[PDB]
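The model below depicts Toll-like receptor 8 holding resiquimod.
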2 protein chains.
Amino acid sequence: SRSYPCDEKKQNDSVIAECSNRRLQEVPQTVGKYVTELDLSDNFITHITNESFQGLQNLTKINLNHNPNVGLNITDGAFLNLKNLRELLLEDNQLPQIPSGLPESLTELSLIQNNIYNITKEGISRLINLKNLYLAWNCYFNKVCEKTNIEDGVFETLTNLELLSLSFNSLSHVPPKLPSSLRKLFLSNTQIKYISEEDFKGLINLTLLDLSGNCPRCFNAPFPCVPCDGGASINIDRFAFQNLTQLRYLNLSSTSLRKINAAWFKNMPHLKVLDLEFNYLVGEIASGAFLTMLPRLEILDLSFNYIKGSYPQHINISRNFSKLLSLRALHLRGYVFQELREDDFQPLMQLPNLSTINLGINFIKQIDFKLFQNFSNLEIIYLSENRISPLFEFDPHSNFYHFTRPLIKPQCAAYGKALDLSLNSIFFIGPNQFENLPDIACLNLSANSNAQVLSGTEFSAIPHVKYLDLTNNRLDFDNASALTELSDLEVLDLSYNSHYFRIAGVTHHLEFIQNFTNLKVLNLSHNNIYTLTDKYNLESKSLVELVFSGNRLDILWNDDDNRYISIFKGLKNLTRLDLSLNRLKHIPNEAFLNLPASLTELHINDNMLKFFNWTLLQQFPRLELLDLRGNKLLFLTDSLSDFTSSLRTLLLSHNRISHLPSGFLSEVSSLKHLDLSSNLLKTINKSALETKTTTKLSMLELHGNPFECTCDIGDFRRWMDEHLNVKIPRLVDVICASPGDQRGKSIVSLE
Amino acid sequence: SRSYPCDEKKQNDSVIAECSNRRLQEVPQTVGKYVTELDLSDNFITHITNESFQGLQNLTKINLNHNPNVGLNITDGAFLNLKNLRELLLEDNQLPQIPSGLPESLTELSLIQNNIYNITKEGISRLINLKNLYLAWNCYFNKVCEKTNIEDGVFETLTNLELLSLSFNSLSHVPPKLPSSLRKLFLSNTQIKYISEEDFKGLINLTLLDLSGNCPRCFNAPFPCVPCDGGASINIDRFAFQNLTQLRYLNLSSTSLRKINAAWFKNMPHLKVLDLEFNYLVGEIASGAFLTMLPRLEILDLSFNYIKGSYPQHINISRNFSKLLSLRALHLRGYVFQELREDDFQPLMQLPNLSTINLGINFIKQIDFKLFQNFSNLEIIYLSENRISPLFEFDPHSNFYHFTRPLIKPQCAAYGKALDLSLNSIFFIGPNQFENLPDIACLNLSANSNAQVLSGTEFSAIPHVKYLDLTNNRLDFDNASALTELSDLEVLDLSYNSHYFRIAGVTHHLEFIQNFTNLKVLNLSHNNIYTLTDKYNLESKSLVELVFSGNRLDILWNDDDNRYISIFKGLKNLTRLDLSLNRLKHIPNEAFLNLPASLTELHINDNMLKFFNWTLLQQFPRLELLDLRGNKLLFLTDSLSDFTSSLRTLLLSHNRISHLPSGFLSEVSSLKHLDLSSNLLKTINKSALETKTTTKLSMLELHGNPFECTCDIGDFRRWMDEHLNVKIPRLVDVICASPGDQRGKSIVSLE
Ligand SMILES: *[C@@H]1O[C@H](CO)[C@@H](O[C@@H]2O[C@H](CO)[C@@H](O[C@@H]3O[C@H](CO[C@H]4O[C@H](CO)[C@@H](O)[C@H](O)[C@@H]4O)[C@@H](O)[C@H](O[C@H]4O[C@H](CO)[C@@H](O)[C@H](O)[C@@H]4O)[C@@H]3O)[C@H](O)[C@H]2NC(C)=O)[C@H](O)[C@H]1NC(C)=O
Ligand SMILES: *[C@@H]1O[C@H](CO)[C@@H](O[C@@H]2O[C@H](CO)[C@@H](O[C@@H]3O[C@H](CO[C@H]4O[C@H](CO)[C@@H](O)[C@H](O)[C@@H]4O)[C@@H](O)[C@H](O[C@H]4O[C@H](CO)[C@@H](O)[C@H](O)[C@@H]4O)[C@@H]3O)[C@H](O)[C@H]2NC(C)=O)[C@H](O)[C@H]1NC(C)=O
Ligand SMILES: *[C@@H]1O[C@H](CO)[C@@H](O[C@@H]2O[C@H](CO)[C@@H](O[C@@H]3O[C@H](CO[C@H]4O[C@H](CO)[C@@H](O)[C@H](O)[C@@H]4O)[C@@H](O)[C@H](O[C@H]4O[C@H](CO)[C@@H](O)[C@H](O)[C@@H]4O)[C@@H]3O)[C@H](O)[C@H]2NC(C)=O)[C@H](O)[C@H]1NC(C)=O
Ligand SMILES: *[C@@H]1O[C@H](CO)[C@@H](O[C@@H]2O[C@H](CO)[C@@H](O[C@@H]3O[C@H](CO[C@H]4O[C@H](CO)[C@@H](O)[C@H](O)[C@@H]4O)[C@@H](O)[C@H](O[C@H]4O[C@H](CO)[C@@H](O)[C@H](O)[C@@H]4O)[C@@H]3O)[C@H](O)[C@H]2NC(C)=O)[C@H](O)[C@H]1NC(C)=O
Ligand SMILES: *[C@@H]1O[C@H](CO)[C@@H](O[C@@H]2O[C@H](CO)[C@@H](O[C@@H]3O[C@H](CO)[C@@H](O)[C@H](O)[C@@H]3O)[C@H](O)[C@H]2NC(C)=O)[C@H](O)[C@H]1NC(C)=O
Ligand SMILES: *[C@@H]1O[C@H](CO)[C@@H](O[C@@H]2O[C@H](CO)[C@@H](O[C@@H]3O[C@H](CO)[C@@H](O)[C@H](O)[C@@H]3O)[C@H](O)[C@H]2NC(C)=O)[C@H](O)[C@H]1NC(C)=O
Ligand SMILES: CCOCc1nc2c(N)nc3ccccc3c2n1CC(C)(C)O
Ligand SMILES: CCOCc1nc2c(N)nc3ccccc3c2n1CC(C)(C)O
Ligand SMILES: *[C@@H]1O[C@H](CO)[C@@H](O)[C@H](O)[C@H]1NC(C)=O
Ligand SMILES: *[C@@H]1O[C@H](CO)[C@@H](O)[C@H](O)[C@H]1NC(C)=O
Ligand SMILES: *[C@@H]1O[C@H](CO)[C@@H](O)[C@H](O)[C@H]1NC(C)=O
Ligand SMILES: *[C@@H]1O[C@H](CO)[C@@H](O)[C@H](O)[C@H]1NC(C)=O
Ligand SMILES: *[C@@H]1O[C@H](CO)[C@@H](O)[C@H](O)[C@H]1NC(C)=O
Ligand SMILES: *[C@@H]1O[C@H](CO)[C@@H](O)[C@H](O)[C@H]1NC(C)=O
Ligand SMILES: *[C@@H]1O[C@H](CO)[C@@H](O)[C@H](O)[C@H]1NC(C)=O
Ligand SMILES: *[C@@H]1O[C@H](CO)[C@@H](O)[C@H](O)[C@H]1NC(C)=O
């Protein structure tokens, strides 16, 4: 009753099977007949008939995507026997045609990233229960392909269809006779140079229209890009939008617009979000009649509208921006101006809800920072990637014109008002740098090439910063009072400040750490710390988490040196310590005993450790997680039960362990998750995993071990059959290296 | 007659065996009896008896360093049977004593890095042929160890001894009764507070004396450091040096000297190198009477004399520096001053021979650069690691107080006068930055945080730069005219300028490359180049070498994009191309065929390639070296000789190849060096390696293949004996992965 090759899961009272990435050459017939969802994606399967899915009654969803990995053949009516089938995902299979004989039970069908140039009534019209249909990315860029032929009224007969995506195919015309049920319609990069009055008429319900990339703006495009003749603007009929009163989302990005007709929006009182990126809008941003027509708009994206070859002193914002009442986020990137003056943003200052200004990639040399104060609600000021100084490669499921991730890390933003100045030129913070700013809880100074010695006065004008990102500078920590003006500081990120730490001759002072009452998280990673001046110890009463990865503890804890022996002992509250990537061959016993006893989580992974003294765990009563992955360890104690009562998770993967000690797990009742994968194990003995008392072990990962498949391994199989409460993942990757005839086979199949 | 386990090399008409790092548990009995030198270092050997070396007549040299790797037991008289044994290297063996009954034939004995606390007549005084004796690093730092007992008169009887190294042991006094034949005496870090008149009295042959680290300067020490009481200076009697008239080299580093007694040098006409580092000499550097005593001095190291807690405006250089008329290099690092004024260096400007001035690590904010022109001979101006703005962990065989590597890369300095500005704050190069400089052939701007768009005017004042290091900046290459003012430019390093390259939205211009008539070497590595503006090709008629590693050719050569297909074709002179670390899964055939036909050397290593089209090698008539290492490749052609006339070296290591096709070594007469190491080969059939016609192959690397050890290998073993002209290195590392009873065995030992 151990599921193979697939893994069985429990989700919303329905059990699902994950067969993905298992190197399968066909549809496994061992799939449990009770499964409602089946993921076959990323395998070698070359064929599908009506015999593949047999016996599966309740199956509602099948993922066949990315098959074969590195010419999928589907028969006519291969899916026909499946009555309960809802969602079918065929993406990236090199299908020359829409498969015929698809069931009429389909509510969702994704053919994305295939060779299909023909949308036919024969394959489509019969399925009337379709909600979502994904045809995108069949013909695009420099791919060898044909123009998409859409047979007349192929879509007319799906009267339930709420979503249609034809994006990234050669179309040249909006398809006629679209069902009035359409909610979202994606026409992006379809080569449609003209939008008529007739095109969208029947759609009274449209929530979203994507016309983007038709007559694109092609200068400096990171994809093969073909403009309309002379680089003309897309032609939109004055009345093209008259009948869309429900539109929430309009994507006009990269349509080469020099002009917005305000009457496009006349009939769109509720428009939420308008994507205007990659057009020529500098003229419209300055005048902009259409901005009077957008009272409910929450998100405006004007990014990359810059005039080629122009570096203007200031950005010209129309007073009519003040008419955008509901505006939440304003995105202006790639406008390209020299200087931000307080009076240039005047139209934005009265807007009640505007929480976000995105000025990224403007090459801005200077900003009058007092201007953000005069706004009302700003929670996010994103200045990243400017010149501010002191004083298939494309994911088909992603937005094509910008990244969709948060501008600021959620963990920083959740503290309060956020100012992101990262990837700029502020190499020295003077006395007046932060004056007349709002009360900033979240500050990103990352990547400023800052070489200064922070003296304790630099942040006085913004004392309430909780989260400070100083990463990727060259900071010189020469002052014990550094940063201590921020008394409320919770998270401090010092990563990638290695510049001065690497020099033995200059002085290094980390003592300021102890001066914070509320400091919770400190990241010291990749600083190359091997030496400190006069004070060898880190000390904090508050600190919870310390990331020390990417430093040299191999030097600090060198056998001939007593000085750093207590380096972490003074962090009295510490529950999480990351020692990874320290080049550690061995940790001196006394050094390990000096780690804080409060630790619940300890990462020693990705070092060179040949040696671990397990006895020392006796001094860490709270330790739930020990991560030893990526070391050289050849040996396991047999005594672990007397070393720890607390250890829940033990990660040993990618080590040299050749053997599992008799009664390895005897009496260790704490241990839930043991990862033995990617080791030297030849086999596992009877007495190895046997215990008389209770055990909560729920997961054991053996994959990547060179098991000897002779009868010696029989007992382990018998252990596996006896305990099914212990989950063993990727059974297909648990593989017999010997005997010669068993090579490549899974250890779960044997005489 | 294939040598095992050692590899036997021919050196200066003699024969040496390299046995190092072979995991040998004891001394091999198979060593050729004609070998003059034997390196057993870094093995597991735990025992040396008089039966270990039997049969070896002419052995002059034995290296036992680092055994066992992670207590070497040497029996009394073990080495006695070796009459011709001269050099014995016993380093890092944890020897508790000097091994008794060593041969009287020893000229050189190295006991460095052991546990020996007693130097006795029994172990030493009988070796009267000793020239070099190394006892260093036995007791030092926080190591648990004993003060060194040196038995009275122990060295007295060694009348040929020219080199004695006692450094890093606790001595407390110079040993009495040293032989007058001494040339070089190393007493560093021996805890000697006082040097009397008697200590060196009779050594009239001494050319080198090292007293460094005695009464050390401990502030900011990156090792456990114990100062003399009160941090006081070493006490050197006025007459301590009076008889050493031959002294060339004196190391006084870190002796805590406040004052230098000029009479120390009264009798030292030959003194060439003086090391004064890590003392408190700022006063002496200003006054400097002792300088008059050193007109023959070539090298003076004053580095790290800074006064604690002091950041003076100017360096104060005594007029008496003008007296050093033989000075070649002056090292003043870590003096710590703000500004370098032309007058400050006056005393140096008439020194005829001074070619090197080292100003590293002073935190200098500004220099008046015109001063360097008043000098006479300056070839090396080292300004690295300053504040300049726009206008066991210790190697026992290395210098303890500074790196000995060249200040400037020799490839760069060879061109002429060098200015090294690396690791400063020059973030913008203005019109006057480089005015009044000498004719600078070699310029290092690395790690200056420079974000500018170089327009072609920045270097005009130093138009003759041959070698330009721009690495580790954030350069915005926005101008086709960049650098073109340097018309004689030969080597250009742009590595780690990825900042703006990684942003798709900004413009990227590499066209400037073509404007150089003499450009030879170009490093573009780790720039993350995935997109360029309007001009997709790199073109030069001059270029010989191009390093493209760490870029994205996976993106540039993506299937759906034809734009970069010719990217390297326009480099018509190119013989060397590095395509490593481009994340390549495969290379489009036409993209490959557009690689310059002139290539003699091509590196595709460390990509993701599963496919290589060998046929395409036809278009590369000059290709000697193909580097495929670190890929996923499963497949070799059996037709290879059809595709290449020229291929000398083929590196296949770390790939997926499990099989060698029949009749390969047939007809390929060009291939001397083939590396198949770290592949999946189970065996090699007869059929693989046969050829009728000649085969020039001189090396074949098999290590790391899971070899099958049945009689099916006997075919290959047969081949190996029948060709001794093909050397297979690391034979101990060519190891059978089956049968289970044959595991770990080298393939070279079997029935
Ligand atoms: C022009 O502008 C318009 C409007 O801004 C863009 O429309 C958006 O397009 C993107 C990308 O195609 C859509 O993003 C995707 O949304 C999918 C829909 O998810 C819905 O349902 C799920 C679950 O039922 C909900 O969680 C979710 O809230 C939605 O209600 C998601 O399924 C996608 O997620 C998957 O892919 C991403 C990326 O790989 C992964 O991160 C996820 O884990 C997951 O695997 C994705 O988020 C977006 O929905 C569209 N907006 C609207 C309103 O529908 C156009 O793309 C744009 N044109 C171009 C060419 O840029
Ligand atoms: C310097 O070091 C600091 C401190 O570690 C780093 O900052 C932390 O980075 C880690 C990731 O490395 C963050 O941990 C992750 O947080 C994500 C945020 O989740 C929030 O919201 C979700 C719901 O969406 C909640 O579940 C969650 O409680 C949070 O409220 C999580 O999504 C992540 O969980 C996933 O990944 C981890 C493994 O990475 C799994 O264990 C989880 O099961 C799950 O799969 C993860 O927990 C952490 O939040 C950061 N902390 C802070 C203070 O910001 C810096 O990144 C580092 N700096 C540099 C340069 O590296
Ligand atoms: C105080 O100052 C004095 C004077 O500067 C220093 O004396 C020097 O000390 C260093 C390190 O001990 C010596 O450097 C080593 O010299 C060895 C001897 O080489 C001689 O013979 C070989 C051929 O047999 C020639 O190649 C060479 O030119 C010499 O004639 C070298 O063998 C060493 O190189 C080996 O080790 C290094 C480091 O591991 C490797 O990089 C090399 O590849 C090689 O494996 C090494 O170069 C130096 O010779 C001394 N100078 C003199 C004139 O004797 C003191 O070190 C200093 N005190 C302290 C504590 O720093
Ligand atoms: C950007 O890219 C450039 C161009 O590749 C890099 O600069 C080159 O880097 C390599 C080092 O990787 C240099 O090649 C090496 O040259 C050494 C110089 O030796 C000189 O002098 C000796 C005599 O003392 C002569 O034998 C020789 O002809 C030279 O004149 C050699 O010692 C090296 O040989 C050793 O290593 C190589 C493998 O690396 C082996 O093939 C050899 O057998 C031997 O073991 C090596 O050949 C090259 O000279 C540099 N060129 C220039 C123009 O400087 C940059 O480093 C790179 N930038 C960055 C930041 O990475
Ligand atoms: C301060 O600003 C810097 C620079 O803008 C921010 O660094 C950026 O952080 C983002 C989000 O974490 C990174 O994006 C992510 O990269 C990872 C790893 O490849 C990927 O898994 C995610 O999906 C996402 O793409 C981005 O790489 C990084 N940029 C650089 C150049 O460092 C930083 O996050 C900011 N700090 C705060 C507190 O927000
Ligand atoms: C310009 O200045 C920079 C910075 O000072 C120089 O970079 C430095 O180059 C040296 C010499 O190659 C590097 O040291 C070497 O490191 C290797 C690898 O670890 C080691 O095997 C060698 O023994 C040697 O010590 C050093 O890492 C590097 N420093 C930094 C911070 O990047 C550069 O060489 C200069 N360019 C020229 C033309 O001189
Ligand atoms: C040779 C190095 O001597 C120690 C040192 N370390 C630093 C440092 N990390 N930063 C500095 C910044 C400005 C001025 C001096 C220093 C400095 N200094 C110089 C001094 C102020 C005398 O300590
Ligand atoms: C969103 C930016 O689009 C193109 C661009 N690329 C760069 C660049 N690599 N560098 C710049 C430096 C100074 C001023 C402008 C630019 C610039 N610019 C701006 C502009 C001058 C309009 O091209
Ligand atoms: C401002 O936002 C709130 C919700 O956050 C909403 O109730 C209100 O309608 C918004 N005001 C405007 C002018 O849209
Ligand atoms: C830190 O810097 C401030 C300002 O330079 C200074 O007043 C204070 O003395 C410094 N503290 C130290 C050196 O620990
Ligand atoms: C210890 O850590 C916890 C968790 O963050 C925190 O609530 C508590 O205040 C800390 N103790 C001290 C002394 O700051
Ligand atoms: C492990 O540490 C203990 C101290 O609890 C010590 O007695 C023992 O020697 C250590 N074991 C090894 C193998 O070093
Ligand atoms: C030193 O310089 C003078 C000329 O300034 C030159 O004649 C002499 O040859 C040089 N000496 C050495 C040893 O290079
Ligand atoms: C490069 O810069 C120079 C100097 O500013 C300018 O004259 C020239 O037009 C620029 N060339 C370009 C933009 O390619
Ligand atoms: C081609 O390379 C060789 C070797 O560097 C060089 O001599 C020659 O000048 C180069 N050709 C041109 C056109 O510069
Ligand atoms: C190898 O390249 C040649 C072009 O000369 C092409 O005909 C052949 O199909 C290629 N082989 C493969 C497997 O792509």
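Naming convention: chains lettered A, B, ... in sequence-line order (proteins, then strands); numbering from 1 in each chain. Recorded method for this deposit: X-ray crystallography, 2.3 Å. First listed ligand is number 1; within each ligand, the first listed atom is number 1.
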Give the place of resiquimod in the structure, all copies included.
ligands 7 and 8
Heavy atoms under 4.0 Å from resiquimod (ligand 8): which other chains do they belong to?
A, B
Could you list which atoms of resiquimod (ligand 8) come closer than 4.0 Å to a heavy atom of A/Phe304?
1 (C)
Could you list which atoms of resiquimod (ligand 8) come closer than 4.0 Å to a heavy atom of B/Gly505?
1 (C), 2 (C), 3 (O)
How far is atom 21 (C) of resiquimod (ligand 8) from its nearest protein heavy atom, and which residue and atom is that?
A/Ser310 O, 3.9 Å
Any N/O pair A/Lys308/resiquimod (ligand 8) closer than 3.5 Å
no
Among protein heavy atoms, which sits nearest to atom 17 (C) of resiquimod (ligand 8), and what does the distance come to when rounded to 0.1 Å?
A/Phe363 CE1, 3.2 Å
Does A/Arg387 reach resiquimod (ligand 8) with a nitrogen or oxygen that is under 3.5 Å from one of the ligand's nitrogen or oxygen atoms?
no
Within a distance under 4.0 Å of any heavy atom of A/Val336, pick out the atoms of resiquimod (ligand 8) and give their elements.
1 (C), 2 (C), 19 (C), 22 (C)
Looking only at protein heavy atoms, which one is nearest to atom 10 (N) of resiquimod (ligand 8), and how far off is it?
B/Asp476 OD2, 2.7 Å
What residue and atom, counting heavy atoms only, is the protein's closest point to atom 5 (C) of resiquimod (ligand 8), and at what distance?
B/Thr507 OG1, 3.7 Å
Enumerated resiquimod (ligand 8) atoms positioned under 4.0 Å from heavy atoms of A/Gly334:
1 (C)
In a simple table, one pair per line, please give the protein and resiquimod (ligand 8) atom names for every N or O pair closer than 3.5 Å, along with the distance.
unit_1: resiquimod (ligand 8); atom_1: 3 (O); unit_2: B/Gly505; atom_2: O; d: 3.4
unit_1: resiquimod (ligand 8); atom_1: 6 (N); unit_2: B/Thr507; atom_2: N; d: 2.9
unit_1: resiquimod (ligand 8); atom_1: 6 (N); unit_2: B/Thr507; atom_2: OG1; d: 2.9
unit_1: resiquimod (ligand 8); atom_1: 9 (N); unit_2: B/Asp476; atom_2: OD1; d: 2.8
unit_1: resiquimod (ligand 8); atom_1: 9 (N); unit_2: B/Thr507; atom_2: O; d: 3.1
unit_1: resiquimod (ligand 8); atom_1: 10 (N); unit_2: B/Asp476; atom_2: OD1; d: 3.4
unit_1: resiquimod (ligand 8); atom_1: 10 (N); unit_2: B/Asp476; atom_2: OD2; d: 2.7
unit_1: resiquimod (ligand 8); atom_1: 10 (N); unit_2: B/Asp478; atom_2: OD2; d: 3.3

